[PDB]
Amino acid sequence: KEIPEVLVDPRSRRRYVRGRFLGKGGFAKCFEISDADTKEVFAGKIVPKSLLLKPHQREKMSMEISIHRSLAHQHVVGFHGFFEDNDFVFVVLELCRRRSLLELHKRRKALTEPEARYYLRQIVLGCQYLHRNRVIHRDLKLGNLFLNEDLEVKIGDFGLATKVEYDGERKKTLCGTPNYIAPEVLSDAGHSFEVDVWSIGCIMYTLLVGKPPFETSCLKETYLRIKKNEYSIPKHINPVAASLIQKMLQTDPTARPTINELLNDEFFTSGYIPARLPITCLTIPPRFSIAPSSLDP
Amino acid sequence: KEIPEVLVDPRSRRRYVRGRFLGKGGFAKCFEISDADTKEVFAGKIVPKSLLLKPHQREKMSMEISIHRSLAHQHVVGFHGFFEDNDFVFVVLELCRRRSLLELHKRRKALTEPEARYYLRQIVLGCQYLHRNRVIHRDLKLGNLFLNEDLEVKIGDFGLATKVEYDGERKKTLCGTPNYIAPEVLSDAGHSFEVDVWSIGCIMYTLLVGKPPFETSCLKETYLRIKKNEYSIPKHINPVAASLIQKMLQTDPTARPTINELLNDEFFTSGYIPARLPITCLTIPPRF
Ligand SMILES: C[C@@H](Oc1cc(-n2cnc3ccc(CN4CCN(C)CC4)cc32)sc1C(N)=O)c1ccccc1C(F)(F)F
Ligand SMILES: C[C@@H](Oc1cc(-n2cnc3ccc(CN4CCN(C)CC4)cc32)sc1C(N)=O)c1ccccc1C(F)(F)F
Ligand SMILES: [Cl-]
């Protein structure tokens, strides 16, 4: 089944022109689309209804939309609406013109500490909003931490997300395999908000070190290292940053910081956080003083 | 970790006395130092080994030294040797007593055309030597164009410099952010010797106009102007000078003059070049 050249909404009679191809997310394909009337450009997620025939996939799609449409925060990908024809489901999302932290990490590898801190603070602010709205993402990775023109982080891809119905509710079932598998998900012990802090722990490590904390050449060794909490922080990592990674990457979920305690860590409160990053930071490391002061030209 | 009062070389047993503070280059600190034996005064670059613990910083430091130690030209800062203790790396460089073109430009702003031509010819001569030795500086700015007692230009600071291994090699990765970002570096398209001509273009503009060609109050507008090659030459600039700036500041790297063609421009061949500049030119405009 071919994808339509123009995407028409039965209800609001809104019509979008299928522009540049952006990429595919497993089962879904993503295109740059523009409203023919207003000329406003969006990120169109397009899922073949042929691949939703399995009821367990319809649950996943409906749950993703239900969660994403209820969210509105400057560090969460905007949800502008959804619709369907008889062949495809169309989801209209905020366009983040600088792709995601995955593309940045592939080009730059290890970031400077101020860059890491700049990105991580926004990731935590976004996740804080989710957790306060009783949402667990359960699949935070570089690839779904999107970047807009101003290099502001936007959390997207709620494909594995669940809503907590009461305070201390623990979940078992996932409709897919998270990128950063927390030890309580691997052991099938039940999980809550703490999985998001684990993945933020893996993300922080990757940004500062330039490679993942657990990932090896084979998944069998990868998952054994996660089970036994076997990872090594290079001595070149600063003591405050090293400390915060150790807090987040703990086997005991109750031992990890909450998202509120995470934001109030010395790493953020006592560390230099740039107000802006120059656009050159996508490809080349920026200059920072040993002791940056807001009393300087 | 405190910096030693006297700097001792394990090999050669050479010993220098840490004199007047000259300034800091981001991660490095620079001091006026003198050989206790010969009394010869040098510029000592001192880098804490604590800040080199990240291997990708050790590559940058070793590459800078490797390139700089292989160079010997009257328009390139002399490299007299390097050594280390367990806490610091020490690099001994030629002392340029009149600092750099940045300090001159801050005091004088727009130079006269003969002054501009005098400085630019030496900058090009230095860069010509680099390019002939398959070296791209990639960070030429007023701040690393140093001036000796006689106001002769010396190119220093090979912190972002790379050596070209083969004919037609194009480079991607920079270990820092150049002051004058060429459009092919901004677009991550690959770059070669042409970036040096771009920066010489920006430098020539700044010397004659008294402000940078692209730099605005915000970096977002600055980088958009570079991408689209949006800049304005004041009508008061002479036509031959204006022409040469237009040749160097082109988006297409292949369209720019080479460093050899640059030197043979009408601006240099047909323009008045002073043999010397008087020391008063640091603070007040000279007569010709
Ligand atoms: C299905 C798609 O969903 C999106 C897309 C979004 N998106 C918004 N603006 C964007 C600008 C560019 C890119 C391009 N992709 C290429 C692959 N890369 C790993 C991430 C950026 C994607 C952009 S947000 C969002 C979401 N679900 O919230 C998606 C989700 C997760 C990983 C990859 C994609 C996909 F590759 F398909 F794009
Ligand atoms: C790290 C240092 O390295 C040097 C220093 C050199 N140098 C030689 N004689 C000199 C007389 C005075 C001054 C002082 N600076 C103050 C700042 N100004 C922008 C330039 C002159 C520096 C002199 S040459 C040279 C080099 N790497 O080739 C350096 C490189 C680039 C910009 C600044 C400095 C630093 F500020 F640290 F000095
Ligand atoms: Cl990992």
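The first sequence line is chain A, the next is chain B, and the lettering continues from there. The numbering of chain A matches the PDB entry: 38-334, in order. All residue numbers given for chain B refer to the PDB entry; the residues shown span 38-325 in order. Counting starts at 1 for both ligands and their atoms, following the listed order.
- Among the choices GSK461364, GSK126, AZD4547, GZD824, AMG 337, the one modelled at ligand 1 is GSK461364.
- The macromolecule with the greatest number of heavy-atom pairs within 4.5 Å of GSK461364 (ligand 1) is, in the PDB entry, named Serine/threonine-protein kinase PLK1.
- By chain letter, the other chains having a heavy atom closer than 4.0 Å to GSK461364 (ligand 1) are A.
- Of the UniProt active-site residues in chain A, the closest to GSK461364 (ligand 1) by non-hydrogen distance (1 Å) is A:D176, 8 Å.
- The dominant UniProt domain at the interface of chain A with GSK461364 (ligand 1) is Protein kinase.
- Intersecting the UniProt ATP-binding annotation for chain A with heavy-atom proximity to GSK461364 (ligand 1) (under 4.0 Å) gives A:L59, A:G60, A:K61, A:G62, A:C67, A:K82, A:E131, A:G180, A:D194.
- Under a 4.0 Å non-hydrogen cut-off, the residues that form the binding site of GSK461364 (ligand 1) are A:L59, A:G60, A:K61, A:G62, A:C67, A:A80, A:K82, A:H105, A:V114, A:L130, A:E131, A:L132, A:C133, A:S137, A:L139, A:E140, A:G180, A:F183, A:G193, A:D194.
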